[PDB]
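Looking at a structure with rapamycin today.
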Amino acid sequence: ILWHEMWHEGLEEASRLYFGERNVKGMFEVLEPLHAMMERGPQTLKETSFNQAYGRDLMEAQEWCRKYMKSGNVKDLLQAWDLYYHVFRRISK
Amino acid sequence: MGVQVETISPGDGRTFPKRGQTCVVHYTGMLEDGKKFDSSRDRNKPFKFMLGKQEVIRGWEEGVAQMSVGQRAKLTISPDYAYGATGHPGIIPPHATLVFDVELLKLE
Ligand SMILES: CO[C@H]1C[C@@H]2CC[C@@H](C)[C@@](O)(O2)C(=O)C(=O)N2CCCC[C@H]2C(=O)O[C@H]([C@H](C)C[C@@H]2CC[C@@H](O)[C@H](OC)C2)CC(=O)[C@H](C)/C=C(\C)[C@@H](O)[C@@H](OC)C(=O)[C@H](C)C[C@H](C)/C=C/C=C/C=C/1C
Ligand SMILES: [Cl-]
Ligand SMILES: [Cl-]
Ligand SMILES: [Cl-]
Ligand SMILES: [Cl-]
Ligand SMILES: [Zn+2]
Ligand SMILES: [Zn+2]
Ligand SMILES: [Zn+2]
Ligand SMILES: [Zn+2]
Ligand SMILES: [Zn+2]
Ligand SMILES: [Zn+2]
Ligand SMILES: [Zn+2]
Ligand SMILES: [Zn+2]
């Protein structure tokens, strides 16, 4: 399965859990495995291609999530979703 | 009712958003008291969304659908057409009436 489809489905579901159902834990449940998948590194040429295109944007979104987990400041979480939204629009065919 | 639309400056009064059409807008979101919580103009990037997809709050869905291209309008959105009794912790208080300054720049 292509990294862009896994990120499309995961970001969409995560946004539904947070913005729809006020469920930050549920949101983090969806995002963690995708960030872990990135951390294991790309295998295929398409996975390598994806990592090169949006690796930086996804890393900065995770950083803002980590900053939020310390701060508890929703402003940090909204910074992360600004990057996730940006990535979602770029990757979505 | 749920959303009141008051024109700040007029559109063409003919080009209203259809189904499957992308609305391109600049917005400023404020609480009823007038405290700004968000603006697309702060980012110099217009906000794009598609009507009828439940992508945005009910007040936007019904408010922006009434606007024509070129129109700048003030949307007063009651809680039930916004974030309701729950609101959004640390962003939107419970039972909040929201005021959006919305400019419909174009349709795509
Ligand atoms: C960082 O800043 C946030 C926006 C902030 C949040 C806090 C509020 C004060 C506010 O400041 O916007 C704000 O100004 C506001 O109230 N807005 C934004 C402008 C349009 C009107 C209103 C609104 O409805 O927002 C929306 C409101 C907050 C939540 C939704 C209200 C309708 C309801 O039916 C939805 O249920 C799900 C949830 C936010 C949005 O307009 C974004 C674009 C859309 C969604 C999240 C959902 O439609 C989602 O559904 C799966 C999607 O299809 C998205 C595109 C999937 C991708 C991966 C995720 C993108 C996420 C983007 C998040 C962004 C830029
Ligand atoms: Cl979809
Ligand atoms: Cl896609
Ligand atoms: Cl544009
Ligand atoms: Cl068009
Ligand atoms: Zn791909
Ligand atoms: Zn989808
Ligand atoms: Zn980028
Ligand atoms: Zn950084
Ligand atoms: Zn962007
Ligand atoms: Zn959309
Ligand atoms: Zn078009
Ligand atoms: Zn455009």
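The chain called A is the first sequence line; B is the second; the pattern continues. Chain A is numbered as in the PDB entry; the shown residues are, in order, 2021-2113. We're sticking with the PDB entry numbering for chain B, so the shown stretch reads 1-108, in order. Below, all heavy atoms of this structure are taken into account, side chains as well, without hydrogens, waters or symmetry copies. Order of listing sets the numbers, starting from 1, for every ligand and every atom in it.
- To find every copy of rapamycin, look at ligand 1.
- Among all chains, the one with more heavy-atom contacts to rapamycin than any other is, according to the PDB entry, Peptidyl-prolyl cis-trans isomerase FKBP1A.
- Other chains making heavy-atom contacts shorter than 4.0 Å with rapamycin: A, B.
- The binding-site residues for rapamycin (non-hydrogen atoms, 4.0 Å) are A:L2031, A:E2032, A:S2035, A:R2036, A:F2039, A:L2098, A:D2102, A:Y2105, A:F2108, B:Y27, B:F37, B:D38, B:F47, B:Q54, B:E55, B:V56, B:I57, B:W60, B:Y83, B:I91, B:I92, B:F100.
- In terms of N/O distances under 3.5 Å, rapamycin is not approached by A:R2036.
- Ligand-side atoms of rapamycin in range of B:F100: 14 (O), 15 (C), 16 (O), range being under 4.0 angstrom from any heavy atom.
- Inclusion of B:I57 in the set of residues having an N or O under 3.5 Å from an N or O of rapamycin is warranted.
- Of all atoms in rapamycin, numbered sequentially from 1 with element shown, those under 4.0 Å from a heavy atom of B:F37 are 9 (C), 11 (O), 13 (C), 14 (O).
- By the 3.5 Å distance cut-off applied to N or O atoms, A:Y2105 is not counted among the residues near rapamycin.
- Atoms of rapamycin lying under 4.0 Å from any heavy atom of B:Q54, numbered from 1 in the order shown and given with element: 32 (C), 33 (C), 34 (O), 35 (C).
- Below 3.5 Å of separation, one finds no N or O of A:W2101 facing any N or O of rapamycin.
- Within chain B, UniProt domain annotation places most contacts with rapamycin in PPIase FKBP-type.
- Between B:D38 and rapamycin, a contact under 3.5 Å exists for at least one N or O pair.
- Formally, the PDB entry designates chain A as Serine/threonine-protein kinase mTOR.
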